[PDB]
A.B. asks: 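The structure that follows is given in the form of structure tokens.
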Amino acid sequence: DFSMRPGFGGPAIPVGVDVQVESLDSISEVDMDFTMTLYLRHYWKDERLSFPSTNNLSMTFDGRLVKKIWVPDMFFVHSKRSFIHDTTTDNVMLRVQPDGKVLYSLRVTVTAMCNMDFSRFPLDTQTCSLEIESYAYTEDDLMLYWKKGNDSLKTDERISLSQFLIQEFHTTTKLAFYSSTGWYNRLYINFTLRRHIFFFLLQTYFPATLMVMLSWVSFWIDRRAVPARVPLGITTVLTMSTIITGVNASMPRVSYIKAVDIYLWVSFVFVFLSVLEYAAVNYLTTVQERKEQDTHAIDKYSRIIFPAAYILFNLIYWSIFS
Amino acid sequence: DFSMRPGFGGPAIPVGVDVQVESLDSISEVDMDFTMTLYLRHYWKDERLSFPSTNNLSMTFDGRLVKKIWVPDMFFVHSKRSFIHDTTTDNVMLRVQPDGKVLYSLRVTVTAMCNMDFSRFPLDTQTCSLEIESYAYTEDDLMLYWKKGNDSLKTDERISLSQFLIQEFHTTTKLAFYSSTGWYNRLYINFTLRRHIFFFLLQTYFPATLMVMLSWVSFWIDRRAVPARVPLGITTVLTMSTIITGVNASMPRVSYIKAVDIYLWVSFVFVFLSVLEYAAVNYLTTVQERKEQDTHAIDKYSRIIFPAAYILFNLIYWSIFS
Amino acid sequence: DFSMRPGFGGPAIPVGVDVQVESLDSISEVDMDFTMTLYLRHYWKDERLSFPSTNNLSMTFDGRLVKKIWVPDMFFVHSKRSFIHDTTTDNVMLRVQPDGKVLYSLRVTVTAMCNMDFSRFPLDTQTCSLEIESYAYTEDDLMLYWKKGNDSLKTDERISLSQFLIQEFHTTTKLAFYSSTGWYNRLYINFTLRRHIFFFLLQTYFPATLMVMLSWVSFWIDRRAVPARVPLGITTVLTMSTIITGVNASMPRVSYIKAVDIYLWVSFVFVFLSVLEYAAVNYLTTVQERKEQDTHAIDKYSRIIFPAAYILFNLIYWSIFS
Amino acid sequence: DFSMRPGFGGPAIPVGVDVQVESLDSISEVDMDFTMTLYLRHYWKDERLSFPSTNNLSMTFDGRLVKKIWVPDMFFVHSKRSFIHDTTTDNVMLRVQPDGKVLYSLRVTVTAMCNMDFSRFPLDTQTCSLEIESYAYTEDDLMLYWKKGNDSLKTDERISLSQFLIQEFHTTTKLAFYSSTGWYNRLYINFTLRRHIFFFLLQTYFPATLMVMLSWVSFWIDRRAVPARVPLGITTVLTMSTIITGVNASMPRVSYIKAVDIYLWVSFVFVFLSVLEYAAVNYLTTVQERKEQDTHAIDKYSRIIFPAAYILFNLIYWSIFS
Amino acid sequence: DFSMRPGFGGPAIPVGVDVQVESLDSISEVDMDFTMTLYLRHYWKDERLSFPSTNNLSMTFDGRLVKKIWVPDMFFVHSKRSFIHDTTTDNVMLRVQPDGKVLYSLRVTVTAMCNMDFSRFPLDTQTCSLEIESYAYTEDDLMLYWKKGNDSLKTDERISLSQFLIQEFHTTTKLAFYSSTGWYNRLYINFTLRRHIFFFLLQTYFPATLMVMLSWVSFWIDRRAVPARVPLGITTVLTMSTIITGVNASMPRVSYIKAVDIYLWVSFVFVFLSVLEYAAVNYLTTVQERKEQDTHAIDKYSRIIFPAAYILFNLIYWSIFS
Ligand SMILES: Cl/C(=C\n1cncn1)c1ccc(Cl)cc1Cl
Ligand SMILES: Cl/C(=C\n1cncn1)c1ccc(Cl)cc1Cl
Ligand SMILES: Cl/C(=C\n1cncn1)c1ccc(Cl)cc1Cl
Ligand SMILES: Cl/C(=C\n1cncn1)c1ccc(Cl)cc1Cl
Ligand SMILES: Cl/C(=C\n1cncn1)c1ccc(Cl)cc1Cl
Ligand SMILES: CCCCCCCC
Ligand SMILES: CCCCCCCC
Ligand SMILES: CCCCCCCC
Ligand SMILES: CCCCCCCC
Ligand SMILES: CCCCCCCC
Ligand SMILES: CCCCCCCC
Ligand SMILES: CCCCCCCC
Ligand SMILES: CCCCCCCC
Ligand SMILES: CCCCCCCC
Ligand SMILES: CCCCCCCC
Ligand SMILES: CCCCCCCC
Ligand SMILES: CCCCCCCC
Ligand SMILES: CCCCCCCC
Ligand SMILES: CCCCCCCC
Ligand SMILES: CCCCCCCC
Ligand SMILES: CCCCCCCC
Ligand SMILES: CCCCCCCC
Ligand SMILES: CCCCCCCC
Ligand SMILES: CCCCCCCC
Ligand SMILES: CCCCCCCC
Ligand SMILES: CCCCCC
Ligand SMILES: CCCCCC
Ligand SMILES: CCCCCC
Ligand SMILES: CCCCCC
Ligand SMILES: CCCCCC
Ligand SMILES: CCCCCC
Ligand SMILES: CCCCCC
Ligand SMILES: CCCCCC
Ligand SMILES: CCCCCC
Ligand SMILES: CCCCCC
Ligand SMILES: [Cl-]
């Protein structure tokens, strides 16, 4: 009866795992998941599978035999969807040796949930993992381990992504507990991710800075030229508002506060204050004309104060986000 | 014949349910649904499943036995789509004890319809539920209950969402009736949802307020400077219209009136009225010049009246939506 | 042989239908279809299904028996896609009575084609239907009818949609003909749909109207102030063009002429004419100065003529679309 | 052995086809394909299927018999995806007559590749086709033809599309050759498509034309009014650029040159030239003032030359695209 | 036992491949993959499949026989998803000759990963490939080759794409190694891709260039006209910012630096510098008036220097990207 595991009732059966990674097919920021294609290999010794031959060499069967014999039942923990490839036929392999050591191999694609924090965007780093576990059998019945330690993971040379950079592949293990079912062995495949920083500096942190620098030109124009100093500021407000909407249309769409939002909103406040400045100046000059019937003090102070505050802002901001 | 339930013809069979929640995979606002992955467990006593062993301990089978024996038929009420995971094999478990107490377990993902009201957006709170029912059998044949009361629900520590905050998981039960079929027992899994308010305050309720404040600067400029007071107002109208279209491009897309729409439209009316104000002033000054051949009264009254009305608006608005 | 219908060769077998509607899952305007989840019930009398019991009460089987016995073959006319739910097992029920009266029940989701006319958008009303027919058997072999007349349809209390309002559920029947196959009986489920009008009035018919009102302010400014009357009109053109593009980005995307398009284009023409007006005025004043070396007549006539024409436009427009 | 065709080894078996079209479900411009739902019927005479009855009338089986007997193997040439409907059961019909004439019928949806040329957009016309072929058997084994000539195609009265107009359904046949396999018979279903022209005239060819007409107003304003003639032109440039981006956001997205692109770019050049015109005029007047210390000739020539060139452009353009 | 290959234990079985390409269904730039539909053919000699007939001619079976006999197990290396077509029945063919030479044929669609570099966009060229391999058997058991060399690939005459141009189809072979499994034979189908350059020149490299040319007009306007030279520059900044956001909304969405980005950002810097220029000029004139109580030198130098620098930029840029 190939429904009972090898060594039933006695000690747990040692099953060993080997993995090779093919590709990383996609990543979704809004749904917080990633998709991967890999090869998965198993090993064990079963005597009901022995045969009399002198060759001392393995012999090959396929998926049809897999539905007759007994086989492990690993599954992917914290997955959203997976499948096994089937063209032009099932991507399954089964090799059987004279002494009874089986090898069993699959090709699969998995989508796995990854929790991500965007508060430092775009200067963040994300960490993700793939988890492997047996579904039905506890650690007293089935024992699970990496076949050759840290060397039981292999990775493909052309694995790439359009939005990210990948580094630091390694394996770990950990024991897990379910309250209604027991203690299970679990294996992990970990890696790290990062973005192209110097592109975001030019896409977002550059136009805003130029706009704030453009609002300071007003302090050097003659206060007598009202039809020239009034339209300049409000057009500058318009430009900055347009920019803040273009950046939002090109970003992934997240609804809590991010690093880049802070910088843009502060630049906006600097440009709004410049408009209030000249309104004060105009009003004071006008009441002086009325009272009686050279650069203004507020102009020659603004020319110093505004840039220095912006410089202080930048120092603190980049001390916090580094 | 494992087509007749245990206890056929006599009294109803008691079946008990246990649940553990894995993840919340996605939420759709336009279609009004959510997607969830969970583990589902059942329990009962059947004597046709007894076997002679002294061990007083459970013994394990899998999905192939499930197609031979009799098994409950629960289903998900008010679901749009669901499925059972099958890699690397069916995520199914079956454990059978010497006295005949069966345990049966599945891994599944469900999308369930949730009715939502957006009239208070973005200050709303949404309530959603998952419902479990037997398809074929009434309460006189099958009896359904939570195995250990309020403690029959377990939830994962890293359950998270990018747009929402989750709280208040608990269980309830209720009897249900179909007119052509009878009375059935139903179980419920309830929870609550909310948004990040202080992000929306800065994304939407901040730029508009600054714009209305910018339209008030006009009352302090000299009425003699026509080429300076005329372009200011119409450029301010342009800026506010641009803003009202950016917010609409970044929101989920709903076609009845929402809280945030009201605030934006009222700000728009304030800016339109400021333009009509100076047109009155200009016309009156001009006819005075013609008649005959200092700040105007309407200017020095507007400087008080406009801000006070806006303050009254804000008081009432936040008294209504709190 | 359960491949021959009950009453083969003699008279047609009467089969009766009962329906209960669960939810309306989605609607697509571009592809012209809707998606629905319902319960579907059948009834008939078959003697090969009789059994000797005294109970005078029905007894329950499930989907496995359905593959052995004979069963109707209804299908959904003018559907694009459908399916039967299968978690945690097939959503199928079969109840069999001592005298041989079978009851058979399914849970299904269907997407059905609905032809829609958008010429009156957004003041339109759409009518849609679900059609049920037997695939293989003509009216001389199988007879199909509603079990209890108008009362054979039941509907759920919380059926809702985010963009529409639903009303007027009722049933009808009609005989249908295929040229290569014969006459068949058909059943229908009809209902009506409508939009939230007073939201569209504020989203689209309000900003344009304010813009046209803003273009009339120019007639009251002094014709001597050229740098003040020239930029006003062209900025107003810019604002109206921006608005006409935002509305188009927020609508469903249809490529023939709709009611709302007409109103927007007419407003655009009014604003373009205002610019041509002042160009005439300026030119005439200038040639007068040249000839020789008070309000202009065209100004004081425009102040009356423009609003009156707009009022005439609105009267006719709302007499046509009501 | 129902694996050998009727008439094996001798002459080819005549199989006849009949078709009725239900709906046209969708069209994709970017991927260049369309999706269709239809009924497909076959006919032939097989003697291994004869039975002794006097009725001289056909008798009905279904899909389960289809898996036992022999049946044709038609397939859809140049399809991307297809399927057969299966709710509430397989949409399959089989009718068998006393003399052995079989009728066999299916309901299916197909997506078929259609090659399209967009160079004349939006004044184009597209032609598409559906192709039917036998997969395994050459013209010496299986003979394929339309059952009743041009009358073997039927079409539904409410077939409609939201973006197109459909006309000219007819059938054709053609012999085809594969180099590694042989000569096969092929059947075709052809039709024609077109757009709503007079909507595109108003959506795209109208605003641009008004803008070019607005740039000509500048020639009639007094050259002495620099602060009035300078902002007019550059604001007009801004408006035209905005328009050219809105049209691009509402079109299907194709990356070679189209008819409508040409018209928009030429209008853009006309508006840019108007700005250069006044710059010349201003410079010449200024140097005249300097030299010494009425309408300008370039103004009164532009008033004639610009409109006449635009009229010439329109004549040629509509002579080419008609 | 048709589970052992022909020639088991002795020498490897020679299997030969032939391919014909139907269509190229789609391409995704963000996910870096392409989708293809093709016919795939195999050949070999097996004696357990011989039959006694004099005809010296092949005889036809179908997919049902394929599940009984032994058959190769090729698969698609570096694929994301594939499938075999099944309407109206499995697209499978099997022809068997008196001497035992089998022919076996399939119709399939595959999506295959293609690594792409966008740094030269839009002047890039991409190279892609399709790879074929045996899953279970090494080169000592199964030998794989192209049936007729370079002539074993055929391609369809109407293969086309909406965004690209296709050229250079040819075949290659290469031996491959897996560390846990052995050496395998691999076949390749290669081709080349390119874009429509002269469309992108007009869509992107034309408006920016005109804008930079428009910013140079300012050097020829009289420095005394402040209300005419100040609004011109800031409106030009606004126009250029708008343009840079429209291009980004119409491109595929990639997050590292591309060729076209560089050109746009440099144009932006030229327009910002023009505004700073007149601010210097105005300030110097004003202090001169104050000191004392003709074209400026910076104006007549700018008129030469700005265009020459832009010309130098273009020379270098097109020397680098050619
Ligand atoms: Cl971010 C934005 C506008 N939005 C664009 N899309 C959605 N909201 C905004 C927020 C704060 C401030 Cl200070 C200025 C601006 Cl313009
Ligand atoms: Cl909300 C909008 C424009 N739209 C943008 N997308 C769709 N409509 C609008 C509505 C009312 C008022 Cl008072 C002002 C404006 Cl700008
Ligand atoms: Cl509706 C549009 C521009 N488009 C925006 N998206 C696509 N086209 C338009 C059409 C006619 C008139 Cl009179 C004015 C305008 Cl602005
Ligand atoms: Cl069509 C476009 C801008 N784009 C908008 N989306 C993508 N590019 C443009 C092209 C040529 C000319 Cl002469 C003027 C303009 Cl504004
Ligand atoms: Cl490209 C962009 C704005 N963005 C539009 N969408 C996203 N960012 C920008 C970047 C650099 C410079 Cl110098 C100018 C501009 Cl306007
Ligand atoms: C979490 C602090 C946000 C501060 C935003 C300030 C915007 C001017
Ligand atoms: C709105 C501007 C008011 C300026 C007042 C300045 C008083 C010192
Ligand atoms: C932000 C500028 C403040 C200038 C204050 C000047 C007081 C004399
Ligand atoms: C939540 C961190 C806010 C940091 C603000 C920094 C302002 C310079
Ligand atoms: C339901 C009341 C809506 C009021 C909208 C007012 C817009 C100015
Ligand atoms: C359009 C402005 C008219 C202003 C008239 C004011 C009469 C008191
Ligand atoms: C909204 C301002 C009204 C001002 C009225 C002044 C009447 C003298
Ligand atoms: C439907 C509620 C409208 C509330 C309007 C509040 C205006 C201050
Ligand atoms: C079908 C009549 C359309 C009229 C459009 C008029 C646009 C100014
Ligand atoms: C382009 C404006 C011309 C105005 C001419 C008016 C002649 C009565
Ligand atoms: C649309 C306004 C026309 C004004 C005509 C005035 C003729 C004296
Ligand atoms: C096709 C109907 C056009 C109606 C135009 C109404 C103009 C007032
Ligand atoms: C194929 C000719 C294109 C011409 C484009 C001209 C744009 C000004
Ligand atoms: C940039 C404008 C220069 C105009 C020069 C005109 C010489 C006839
Ligand atoms: C495009 C207008 C050209 C005008 C030339 C005038 C030469 C005196
Ligand atoms: C490729 C056709 C170009 C036609 C240009 C027509 C310009 C009037
Ligand atoms: C990799 C060099 C980028 C240079 C960008 C310059 C933008 C002004
Ligand atoms: C912000 C403009 C300052 C110009 C100073 C020029 C000194 C030579
Ligand atoms: C970019 C223009 C520089 C002009 C310098 C002029 C120095 C006299
Ligand atoms: C990474 C290549 C940068 C090339 C810059 C060229 C500037 C002319
Ligand atoms: C905004 C500056 C105000 C200065 C008041 C003296
Ligand atoms: C004259 C003060 C200049 C300040 C520059 C930061
Ligand atoms: C808009 C203010 C009008 C005042 C009339 C006296
Ligand atoms: C002079 C009146 C000022 C009012 C500020 C709200
Ligand atoms: C646009 C008005 C023109 C009037 C001609 C007398
Ligand atoms: C003086 C005429 C006013 C007209 C208002 C509609
Ligand atoms: C742009 C017109 C220039 C005329 C030179 C005489
Ligand atoms: C005075 C010339 C007018 C030309 C109109 C096309
Ligand atoms: C921007 C030009 C400055 C020149 C200083 C002499
Ligand atoms: C007078 C100098 C002109 C320079 C044109 C590039
Ligand atoms: Cl001025």
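A, B, ... follow the sequence lines: proteins, then strands. Residue 1 opens every chain. Technique stated in the header: electron microscopy, 2.2 Å. In listed order, ligands and their atoms are each counted from 1.
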A.B. asks: Select, from memantine, loreclezole, clonidine, the drug or drug candidate present at ligand 4.
C.D. replies: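 The drug at ligand 4 is loreclezole.
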A.B. asks: Mind checking which chain loreclezole (ligand 4) touches most? I'd like its name from UniProt.
C.D. replies: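 Main partner, per contacts: Gamma-aminobutyric acid receptor subunit rho-1.
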A.B. asks: Tell me which other chains have a heavy atom under 4.0 Å from loreclezole (ligand 4).
C.D. replies: D, E
A.B. asks: Okay, next thing: UniProt's 4-aminobutanoate-binding residues in chain E - which of them have a heavy atom under 4.0 Å from loreclezole (ligand 4)?
C.D. replies: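 By heavy atom, within 4.0 Å of loreclezole (ligand 4), there are no UniProt hits.
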A.B. asks: Tell me which transmembrane segments of chain E, counted from the N terminus as in UniProt, lie closer than 4.0 Å to loreclezole (ligand 4) in heavy-atom terms.
C.D. replies: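 UniProt segments with a heavy atom under 4.0 Å: 1, 2.
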A.B. asks: Just to confirm my output: which protein heavy-atom neighbour is closest to atom 6 (N) of loreclezole (ligand 4), and how far is it?
C.D. replies: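 The closest heavy atom on the protein side is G246(E) O, 3.7 Å.
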A.B. asks: How far is atom 12 (C) of loreclezole (ligand 4) from the closest protein heavy atom, and which atom is that?
C.D. replies: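 Scanning the protein heavy atoms, the shortest distance from atom 12 (C) of loreclezole (ligand 4) goes to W265(D) CD1, 3.9 Å.
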A.B. asks: Considering non-hydrogen atoms of the protein only, which is the closest contact for atom 9 (C) of loreclezole (ligand 4), and what is the distance?
C.D. replies: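 Checking every protein heavy atom, the shortest distance to atom 9 (C) of loreclezole (ligand 4) gives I244(D) CG2, 3.7 Å.
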A.B. asks: Run the numbers for me: atoms of loreclezole (ligand 4), each under 4.0 Å from some heavy atom of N248(D), listed by number.
C.D. replies: 1 (Cl)
A.B. asks: What atoms of loreclezole (ligand 4) come closer than 4.0 angstrom to any heavy atom of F268(D)?
C.D. replies: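 Once the distances to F268(D) are compared, the set is 13 (Cl).
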A.B. asks: Should you measure from each heavy atom of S250(E), which atoms of loreclezole (ligand 4) turn up under 4.0 Å away?
C.D. replies: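 Those atoms are 7 (C).
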A.B. asks: I want to know if loreclezole (ligand 4) touches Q203(E) in the polar sense, i.e. an N/O pair below 3.5 angstrom.
C.D. replies: yes
A.B. asks: Which protein non-hydrogen atom lies closest to atom 10 (C) of loreclezole (ligand 4), naming both residue and atom, and how far is it?
C.D. replies: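 For atom 10 (C) of loreclezole (ligand 4), the nearest protein heavy atom is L202(E) O, 3.5 Å.
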A.B. asks: Relative to the heavy atoms of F206(E), which atoms of loreclezole (ligand 4) are at a distance of less than 4.0 Å?
C.D. replies: 13 (Cl)
A.B. asks: For loreclezole (ligand 4), indicate whether the residue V269(D) contacts it via side chain, backbone, both or neither (heavy-atom separation under 4.0 Å).
C.D. replies: neither
A.B. asks: Look at atom 5 (C) of loreclezole (ligand 4) and find which of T245(E), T245(D), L210(E) reaches it with the closest heavy atom.
C.D. replies: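 Closest candidate by heavy-atom distance is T245(D).
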A.B. asks: Define the binding site of loreclezole (ligand 4) at 4.0 Å using heavy atoms, by chain and number.
C.D. replies: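 With non-hydrogen atoms counted, the site is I244(D), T245(D), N248(D), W265(D), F268(D), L202(E), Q203(E), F206(E), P207(E), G246(E), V247(E), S250(E).
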